[PDB]
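What follows is one structure encoded as structure tokens, with my remarks underneath.
For reference, chains are lettered A, B, ... following the sequence lines as listed. By the PDB entry numbering, chain A shows 202-231, 237-259, 265-468, in order. The residues of chain B that appear here are 687-695 by the PDB entry count, in order. When a ligand or atom number is given, it counts from 1 through the structure's own listing order. Note: hydrogens, waters and symmetry copies are ignored here, and every other heavy atom, side chains too, is used.
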Amino acid sequence: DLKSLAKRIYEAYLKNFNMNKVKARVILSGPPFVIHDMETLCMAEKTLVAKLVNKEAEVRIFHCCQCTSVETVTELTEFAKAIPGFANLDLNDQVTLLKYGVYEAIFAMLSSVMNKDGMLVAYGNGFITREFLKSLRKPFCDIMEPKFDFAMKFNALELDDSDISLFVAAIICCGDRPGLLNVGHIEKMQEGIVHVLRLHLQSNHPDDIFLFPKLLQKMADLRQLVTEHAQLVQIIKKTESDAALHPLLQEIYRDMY
Amino acid sequence: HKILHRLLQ
Ligand SMILES: CSc1ccc(C(=O)/C=C/c2cc(C)c(OC(C)(C)C(=O)O)c(C)c2)cc1
């Protein structure tokens, strides 16, 4: 019953996200083209985003990041639509939950394609190194390093996709978002998902008896990561003309934090 | 939020 809510959420995760942790680990275990310097970035661009190539490399990369985000937002909207109870909410609350939750979910899921040396990109066909991203000019070199720091500690929890699907549902189904209309119903929806997450972790991770409170803390850490990311994005938009922001992403950030 | 609202429709 609750086991079935957990399975339905996991099934919806496997169906709606192009990348999952099993798929990513297969690729990361050895084929992705390695982007480790300007030469290989330019090569990967010609093979994997050929239409895109011509501002500075950093602005081209930032454009690619946005395309990745827009795609993941669409996947999250479908996944959410598949979360039992979500589609019965007021359409305006559905928008609010997704507006505040998508980047928390994005950076949680990004951990699955990250290791200490770099991350998968372009639908698993590239691997960009962490040191290359640090090498970009300011402010672009400041984007990803806090996400790697989050991911190394998140990955140390050794969650699998059955855990992560419930965690992403719990992020989305969050009753304390600003502007909610039916807070009471959302809190009950959230309580039900968190209940299923709590029991699932007890079953799937009997070795780690604090895993549930650890994940509650990661949820709070993600909120802060998102606030800080949104601040950097605002600095980039105001100080870099070549770095326009996609309209869906402007809509999400607008009046967020 | 017209894109989200349409994405959800
Ligand atoms: C082919 S090169 C390449 C491809 C993909 C990636 C990548 O994974 C992106 C991570 C990433 C990067 C950035 C700037 C990012 O913030 C943007 C897009 C403005 C936002 O939506 O707020 C997010 C949310 C995620 C890096 C390089």
Ligand 1 drug: elafibranor
Trying to figure out what elafibranor is stuck to here - the chain with the largest number of contacts. What's it called in UniProt? Peroxisome proliferator-activated receptor alpha
Which neighbouring chains have any non-hydrogen atom closer than 4.0 Å to elafibranor? A
Numbering the atoms of elafibranor from 1, which are under 4.0 Å from a heavy atom of A:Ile354? 13 (C), 14 (C)
Enumerate residues in chain A that UniProt marks as binding indeglitazar and that sit less than 4.0 Å from elafibranor by heavy atoms. A:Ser280, A:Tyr314, A:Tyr464
If you map the residues of chain A that touch elafibranor onto UniProt domains, which domain gets most of them? NR LBD
Atom 22 (O) of elafibranor: nearest protein contact (heavy atom, Å): A:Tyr464 OH, 2.3 Å
Among A:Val332, A:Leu347, A:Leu443, A:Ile463, which one puts a heavy atom closest to atom 1 (C) of elafibranor? A:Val332
Return the option from A:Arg271, A:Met355, A:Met325 holding the heavy atom at the smallest distance from atom 10 (C) of elafibranor. A:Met355
Has A:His457 got any heavy atom lying under 4.0 angstrom from an atom of elafibranor? no
Considering only protein heavy atoms, which is closest to atom 16 (O) of elafibranor, and at what distance to one decimal place? A:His440 NE2, 2.9 Å
List the source organism for chain A per the PDB. Homo sapiens
Find all atoms of elafibranor within a distance of less than 4.0 Å from any non-hydrogen atom belonging to A:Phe273, and give their numbers and elements. 14 (C), 19 (C)
If the cut-off is 4.0 Å to any non-hydrogen atom of A:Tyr314, which atoms of elafibranor fall inside it? 20 (C), 21 (O), 22 (O), 24 (C)
Nearest to atom 27 (C) of elafibranor by heavy atom, A:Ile241, A:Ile272, A:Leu247: which? A:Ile272
Just wondering, which residues come within 4.0 Å of elafibranor on a heavy-atom basis? A:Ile272, A:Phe273, A:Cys276, A:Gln277, A:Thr279, A:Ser280, A:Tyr314, A:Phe318, A:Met330, A:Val332, A:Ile354, A:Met355, A:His440, A:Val444, A:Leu460, A:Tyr464
